[PDB]
Colleague: 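So I pulled up a structure with 3BNC117 in it.
Letters go in sequence order (proteins before strands), and every chain restarts at 1. Shown: partial entry. Contacts: counted within the shown part. Any value given below was found using the heavy atoms of this structure, including those in side chains, with hydrogens, waters and symmetry copies removed.
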Amino acid sequence: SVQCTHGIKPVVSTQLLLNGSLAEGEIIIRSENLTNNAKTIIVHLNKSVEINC
Amino acid sequence: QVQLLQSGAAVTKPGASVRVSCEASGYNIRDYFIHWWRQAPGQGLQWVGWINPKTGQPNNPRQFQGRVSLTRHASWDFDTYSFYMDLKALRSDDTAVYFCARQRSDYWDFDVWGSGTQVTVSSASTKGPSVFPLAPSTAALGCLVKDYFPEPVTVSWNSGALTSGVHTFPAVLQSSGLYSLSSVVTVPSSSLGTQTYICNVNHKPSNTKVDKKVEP
Amino acid sequence: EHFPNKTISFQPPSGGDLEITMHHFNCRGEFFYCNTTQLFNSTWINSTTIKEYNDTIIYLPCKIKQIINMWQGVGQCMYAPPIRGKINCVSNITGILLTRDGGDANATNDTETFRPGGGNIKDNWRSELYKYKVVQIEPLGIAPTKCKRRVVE
Amino acid sequence: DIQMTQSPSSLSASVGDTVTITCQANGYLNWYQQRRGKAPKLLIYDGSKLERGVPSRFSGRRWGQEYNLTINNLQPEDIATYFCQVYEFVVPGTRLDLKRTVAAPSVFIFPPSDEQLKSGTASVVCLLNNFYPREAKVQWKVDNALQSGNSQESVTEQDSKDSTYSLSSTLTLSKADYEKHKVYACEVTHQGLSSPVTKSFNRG
Ligand SMILES: *[C@@H]1O[C@H](CO)[C@@H](O[C@@H]2O[C@H](CO)[C@@H](O[C@@H]3O[C@H](CO[C@H]4O[C@H](CO[C@H]5O[C@H](CO)[C@@H](O)[C@H](O)[C@@H]5O)[C@@H](O)[C@H](O[C@H]5O[C@H](CO)[C@@H](O)[C@H](O)[C@@H]5O)[C@@H]4O)[C@@H](O)[C@H](O[C@H]4O[C@H](CO)[C@@H](O)[C@H](O)[C@@H]4O)[C@@H]3O)[C@H](O)[C@H]2NC(C)=O)[C@H](O)[C@H]1NC(C)=O
Ligand SMILES: *[C@@H]1O[C@H](CO)[C@@H](O[C@@H]2O[C@H](CO)[C@@H](O)[C@H](O)[C@H]2NC(C)=O)[C@H](O)[C@H]1NC(C)=O
Ligand SMILES: *[C@@H]1O[C@H](CO)[C@@H](O[C@@H]2O[C@H](CO)[C@@H](O)[C@H](O)[C@H]2NC(C)=O)[C@H](O)[C@H]1NC(C)=O
Ligand SMILES: *[C@@H]1O[C@H](CO)[C@@H](O[C@@H]2O[C@H](CO)[C@@H](O)[C@H](O)[C@H]2NC(C)=O)[C@H](O)[C@H]1NC(C)=O
Ligand SMILES: *[C@@H]1O[C@H](CO)[C@@H](O[C@@H]2O[C@H](CO)[C@@H](O)[C@H](O)[C@H]2NC(C)=O)[C@H](O)[C@H]1NC(C)=O
Ligand SMILES: *[C@@H]1O[C@H](CO)[C@@H](O)[C@H](O)[C@H]1NC(C)=O
Ligand SMILES: *[C@@H]1O[C@H](CO)[C@@H](O)[C@H](O)[C@H]1NC(C)=O
Ligand SMILES: *[C@@H]1O[C@H](CO)[C@@H](O)[C@H](O)[C@H]1NC(C)=O
Ligand SMILES: *[C@@H]1O[C@H](CO)[C@@H](O)[C@H](O)[C@H]1NC(C)=O
């Protein structure tokens with residue numbers, strides 16, 4: 001139970017999540033239904049890959 | 001209300017490209033995926049892809065990938081959308097009816113379908129037909145139509161007077177690339193030798209009208 | 001694991017707006033659209049052998065836009081002024097947004113292709129608000145007990 | 001990994017009858033009705049739920065992995081094709097018609113007209129009229145020699161009153177073999193007919 005959440009950055013991106021919070025256990029693949037290609041798939045990583053622009 | 005109006009039929013040559021249209025005007029168009037289905041002659045439907053109206057992102061299977069390209073164009077205020085399919089490299093097995101369906105929910109249930117656009121690709125551009133009578137020997141007798149392009153051709157008897165007992169078979173596409181059919185009507189055996197019967201064929205794309213008497 | 005007997009192959013985006021086909025982000029007011037096609041196509045057939053290579057740096061070209069329509073029809077269109085000087089960002093990649101390509105029935109050659117991009121902006125915030133649920137406290141409970149209120153005489 | 005099937009797609013019921021069609025899928029399934037060359041109409045979504053503006057006779061059963069579509073007190077306008085749809089996989093569907101209309105086909109033979117051979121084209125046809133069921137084995141014999149690949153076959157729609165079908169089979173042959181002989185027959189065996197019926201014609 002908490003009173004309110006952690007810091008959430010409103011950063012906006014399209015193909016790669018930026019400035020996020022790493023997964024704890026492992027790579028987690030989340031989708032509303034994995035047998036419905038109209039539903040997007042979110043792959044959330046447990047180790048960052050820095051991109052230098 | 002929803003009015004998923006689709007464009008008319010198209011006839012082209014192998015190796016060409018055809019853009020099949022589709023128009024939606026009567027709902028909140030931006031919140032429902034628009035899918036494309038194709039139907040081979042006398043076969044069940046087949047998936048082609050879906051397009052997201054908001055972002056235009058398409059999704060196609062492996063075999064269609066690389067050739068087909070789905071696109072959308074919104075109006076000034078998104079009240080009217082137009083969806084197009086550019087099917088590059090039209091090959092032999094592309095003669096099919098194309099539907100633009102509207103997905104409604106997460107069950108992939110399509111409450112609204114488009115009227116349909118018959119797309120056919122081949123050589124032998126529009127030309128006149130050849131009409132063959134059948135020599136008579138209640139019975140049945142009729143005429144035959146051959147080597148016309150493209151569909152359709154209608155056969156009327158006695159210049160729009162006789163239509164009872166007509167059996168106009170669906171047209172068949174032979175190996176040449178042309179179209180043919182045979183239309184027969186039933187008639188009492190006592191009418192032969194006393195009544196004059198004529199078969200009239202109208203071919204609108206070729207603007208050819210042929211009326212032929214049938215006699216023994 | 002979710003697709004047990006197929007090979008996994010990535011492919012670049014197949015079309016759409018410039019905000020879908022290219023990785024879009026922001027630095028100091030300048031709006032970047034990076035290509036990202038060297039990151040997202042490959043094939044993983046059976047992991048038959050480990051392939052060793054040398055260290056490489058992937059260089060993704062990026063375009064820059066000024067007339068920005070961030071949200072397609074609800075957000076106000078904007079013009080981002082140029083920024084004087086050199087722009088440099090160092091950021092982390094903590095997630096990927098994929099979209100499986102639809103399959104067929106006549107022939108599936110044991111392959112599945114995932115193309116990046118896709119989804120709406122909400123999926124950028126579902127990635128953070130997936131742990132949290134809001135509940136309302138009902139602090140009034142009723143249970144039987146052997147006590148009886150002292151009735152006044 | 002979606003596996004789905006469909007009924008044998010050949011069943012006949014009379015007017016005012018009850019019919020059930022079964023599918024074996026493992027995903028959100030819908031039931032569509034399609035006419036001949038027309039935009040299919042959704043009937044049932046999510047196995048059993050009924051759609052607005054649909055006759056009440058249609059109903060759905062969600063049991064195990066089997067999905068049942070039931071149509072009660074069939075009307076003459078319900079003779080169409082019906083298919084169950086999963087996300088991106090669609091079976092061809094099922095075929096509908098009226099039963100117990102068994103009859104011997106009427107056989108007609110029409111030799112090619114004289115003016116057809118003046119263009120160097122030969123086409124011999126044997127006509128089948130008023131037959132049921134549609135499935136008929138039409139074989140061509142050129143003096144008891146089977147011809148394969150040169151015949152085109154078509155079947156007309158089910159007519160309104162008689163509910164009988166008519167088949168047209170066109171056999172295409174070279175000019176040499178047609179004009180060298182006299183007798184040619186297109187005999188067809190049908191479940192309706194009791195005996196092999198053959199139509200002939202005398203040149204004169
Ligand atoms: C993505 O979307 C898809 C949909 O497209 C969705 O798929 C669903 O997946 C869930 C779980 O994976 C399925 O739910 C399971 O269904 C099992 C089978 O249900 C059938 O059988 C039930 C029992 O019948 C017995 O006898 C028959 C023969 O008569 C036999 O074949 C069966 O195997 C079984 O032995 C039957 O009750 C059930 O009927 C359902 O629907 C009716 C009407 O809606 C309802 O009244 C019933 O109560 C019931 O819900 C159906 O006929 C089922 O065995 C299984 O049950 C297990 O879990 C429960 C709860 O934990 C336990 O109590 C039970 O003992 C079992 O351990 C479970 O219910 C569901 O059917 C799928 N739906 C479709 C349409 O395919 C995916 O989940 C989606 N993905 C994500 C990530 O969300
Ligand atoms: C991030 O998650 C991955 C899982 O995908 C972890 O990879 C595993 O690491 C262990 C190390 O003991 C190996 O034994 C496993 O074989 C790895 N799994 C795979 C599928 O390769 C990785 O260790 C995690 N990293 C961190 C920092 O948490
Ligand atoms: C991000 O990029 C900048 C410049 O593109 C990097 O700064 C240079 O890094 C190179 C690496 O070999 C050095 O040779 C230069 O001397 C650095 N400075 C300049 C002005 O070019 C920076 O290091 C990069 N950051 C990360 C984390 O890779
Ligand atoms: C991102 O870059 C790739 C190349 O790295 C582009 O792919 C090329 O696109 C052109 C445009 O028609 C083709 O002619 C080329 O054959 C493609 N491949 C190569 C290797 O050049 C891609 O188009 C770029 N992204 C966008 C959105 O333009
Ligand atoms: C980008 O990722 C790196 C590594 O994942 C972050 O570096 C660490 O971040 C954690 C935050 O939980 C700090 O506690 C550590 O002190 C940081 N350094 C090391 C060496 O672990 C980095 O902070 C991330 N960048 C942003 C902007 O979040
Ligand atoms: C505006 O102009 C562009 C280019 O001239 C054109 O493509 C578009 O159709 C026009 N209308 C709208 C509503 O964007
Ligand atoms: C699928 O993969 C597993 C593990 O690689 C293997 O044991 C199995 O034979 C494969 N095929 C099927 C049909 O499970
Ligand atoms: C990745 O890029 C293209 C994208 O289609 C792909 O065909 C190719 O095999 C891969 N490698 C290179 C070097 O292009
Ligand atoms: C319903 O489906 C079952 C299969 O589960 C089948 O045996 C049955 O005939 C169908 N119809 C009815 C009315 O039960």
Colleague: Where, by number or letter, can 3BNC117 be found in the structure?
Modeller: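 All copies together: chains B and D.
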Colleague: Please provide the name that the PDB entry uses for the chief contact partner of 3BNC117 (chains B and D).
Modeller: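 By contact count, the main one is Envelope glycoprotein gp120.
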Colleague: Which other chains get a heavy atom nearer than 4.5 Å to 3BNC117 (chains B and D)?
Modeller: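 Heavy-atom neighbours of 3BNC117 (chains B and D): A, C.
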Colleague: At a heavy-atom distance cut-off of 4.5 Å, which residues of chain C belong to the epitope of 3BNC117 (chains B and D)?
Modeller: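 Judged by heavy atoms, it is made of C:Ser14, C:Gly15, C:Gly16, C:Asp17, C:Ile20, C:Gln72, C:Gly73, C:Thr99, C:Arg100, C:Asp101, C:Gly102, C:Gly103, C:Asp104, C:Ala105, C:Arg115, C:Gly118, C:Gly119.
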Colleague: Using a 4.5 Å heavy-atom cut-off, which residues make up the paratope of 3BNC117 (chains B and D) against chain C?
Modeller: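 The heavy-atom paratope of 3BNC117 (chains B and D) is B:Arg30, B:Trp47, B:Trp50, B:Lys54, B:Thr55, B:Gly56, B:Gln57, B:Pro58, B:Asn59, B:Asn60, B:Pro61, B:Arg62, B:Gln63, B:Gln65, B:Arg72, B:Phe78, D:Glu88, D:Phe89.
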